[PDB]
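Chain A is numbered as in the PDB entry; the shown residues are, in order, 5-132, 135-515. Header lists the method as X-ray crystallography, 2.1 Å. Note that ligands are numbered from 1 as they come in the structure, with each ligand's atoms numbered from 1 the same way. Just the heavy atoms: all of them, side chains too, but no hydrogens, waters or symmetry mates, feed the values below.
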Amino acid sequence: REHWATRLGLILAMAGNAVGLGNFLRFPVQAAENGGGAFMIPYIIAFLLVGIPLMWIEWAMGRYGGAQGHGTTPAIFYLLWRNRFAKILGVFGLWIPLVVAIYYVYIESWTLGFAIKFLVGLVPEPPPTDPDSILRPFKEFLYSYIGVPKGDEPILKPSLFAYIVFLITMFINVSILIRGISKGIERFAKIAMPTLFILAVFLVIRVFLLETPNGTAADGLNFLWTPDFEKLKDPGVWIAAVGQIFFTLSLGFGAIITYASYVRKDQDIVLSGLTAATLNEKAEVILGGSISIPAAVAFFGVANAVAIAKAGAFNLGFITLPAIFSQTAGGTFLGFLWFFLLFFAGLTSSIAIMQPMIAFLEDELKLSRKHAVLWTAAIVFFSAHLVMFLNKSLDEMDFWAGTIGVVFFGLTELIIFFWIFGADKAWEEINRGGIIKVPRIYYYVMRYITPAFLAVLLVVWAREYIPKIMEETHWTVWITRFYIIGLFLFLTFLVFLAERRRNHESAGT
Ligand SMILES: CN[C@H]1CC[C@@H](c2ccc(Cl)c(Cl)c2)c2ccccc21
Ligand SMILES: CC(C)C[C@H](N)C(=O)O
Ligand code: NA
Ligand code: NA
C-alpha cells in the first residue's frame, strides 16, 4: 500500500483536504446570514462536540482499514460490522464525495477562469460612486461566465472559456492524482499550503487597510466576533453551524477516512488529526473570516453586507469582493490573488474527494492507479455537465450529498465504529500509536453526546425545515435526484462486483 512519506507532508495534505472553498466562500456567507457573532457560539460548540471527535474517529477508521488494504467505507464498514447492510451504508462514502466533486470541481474551475481573466486584465470596467453602477458590471461578468438563465427555462449556458477552463481544471486534478499519494497529493500539498497561507495573509492585511465613509474592516470583525445570546434559542443557527463544521473539516465525505488509510499502522493520528483540524479552523475563522466580511462591511456597512450574503452563495466572493477591490489601486491584481488563492484552496480539496473513488477502484476492483484516476475523472467530468447546464442542479446535489448526506454519514460512521464495533475497541484503536492521548472526557462525548447531538439535529432538520423544500421546488430537481440516485445504484453494483471478484480470488488462492 501507498503511504505518506513524511509527517509534515501528511499534515499539510490533510490540511489541504480541509482548507478549501468552505473556508473562504462558504464560511463568510453562513456566518453573515446567521448574525455574525451569533453564529460563532454554536460554531465553536459544534467544533468541540462534533468536529474534533469525528475527525479522530475518521482518522482511526482510515488507518485501521488501510492496515488491511482497504481505504473506503464499503469495505471498512464491513470490517467493523460483518453485515451486508454495512457494505450498502458504506456506499455513501463513495457516493457523497463523488457527487460533491461533481459540482465542487466546477466551482473550483470558476476561480481558475477568474484568476486568468483578472491576471490578463480582461475584467469589467466600472464608471470612474453609485454602488449599483460598480456592482452590476461584476454581476454581469459572473452571469455571462456561468450562463445564468435570462428567461423562463432552467437552462445554463456557460461561456466557451468557462467550459475549456473546466477541462483544464479536470486535467490539473488528474495530473496530481495520477502521480499518487506521496509524489502527487503530498508533494503538491507542500507547495500549495504555504502559497495559500501567504496569499491569504496578504489579503487580510490589504483588507484591514480599507476605510470608507461607510465603515472600516474593524466594523466587520466586530460584527463577526460580537456574541448574540438571543440567537442561541434559534435552531436554524445551530443547524447552519454544524453543517459548516462538517463541510469545512471534510467530515462525512469519506475523504478523511481514505487519506488516513495511507497512514502507517503505527503512526500517530491523535496529534496529527488535531493539528489538521486546528490548522483548518485558523484558516477559517482568522483568514477566511477576515477577508470577505470586513471588506464588505467597510464599503457598505453591516446591514448591506448581510443582505449581500443572503442574496446567494457566490455573490460575496465572485461579485462583491472583486467590485470592492476594483475601487483600489492595483485592485485587478488583488482580484487575481484572491481567485488564485481560491483555486489552490479548491484544488487541494477536490483531489481529496476524488481519491475515495480512486481508492475503491484500486483496493477493491484492483485497477492500476492510472486507470482508477482516469475513470474517476471521466465519471466526474461527464456528470458535471448536469451541474454546468441545468439551473439549480448544483443546489440539489449540495443539499443531498454536501449537507444532509454528511451529517447522516457522520452519525452512521460513529454508530458503526463506537457502538457496534465496540466503544472500548474504538477508543483503543484511536489512541494506539498516539503521541498524545485523547482527553478522557471525549470517550463520553464520542459514545453519548455526539450521536445524541446529531440525532436531535437531524430530527429537527427533517421535520421543521426540509418539507418546505421537497414540495416548493421546480420540477427539474427530479432530473438531478434521478441522476444521483442512479450514481448510488451504479456504485452499489460496483460493490457487488468487488465482493464477487473476492469470491473468485478466494476460491483460487
Ligand atoms: C445548502 N446549500 C447552499 C449553502 C452552501 C452553498 C455552497 C455549497 C458548496 C460550496 Cl463549495 C460553497 Cl463555496 C457554497 C450553496 C451553493 C449553491 C447553492 C446552495 C448552497
Ligand atoms: C468537500 C470538502 C473537501 C470541502 C472542504 N473541506 C472545504 O472546506 O472546502
Ligand atoms: Na483545499
Ligand atoms: Na475547510
> At ligand 1, which of atenolol, sertraline, imiquimod, veliparib is present?
sertraline
> For sertraline, which chain gives the most heavy-atom pairs within 4.5 Å, and what name does the PDB entry use for it?
Transporter
> Could you pull out the residues near sertraline at 4.0 Å? Heavy atoms only, by chain and number.
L25, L29, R30, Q34, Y107, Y108, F253, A319, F320, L400, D401, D404, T409
> Tell me which other ligands or ions sit closer than 4.0 Å to sertraline.
none
> When only distance counts, is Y107 in polar contact with sertraline, meaning an N/O pair under 3.5 Å?
no
> Check sertraline against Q34 and write out every atom of the ligand that is under 4.0 Å from a heavy-atom position of the residue.
4 (C)
> Distance to 0.1 Å, residue and atom name: give those for the protein heavy atom nearest to atom 19 (C) of sertraline.
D401 OD2, 4.0 Å
> Would you mind listing which atoms of sertraline come within a distance below 4.0 Å of any non-hydrogen atom of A319?
6 (C), 15 (C), 16 (C), 17 (C)
> If the entry models a covalent bond for sertraline, which residue and atom sit at the far end?
none
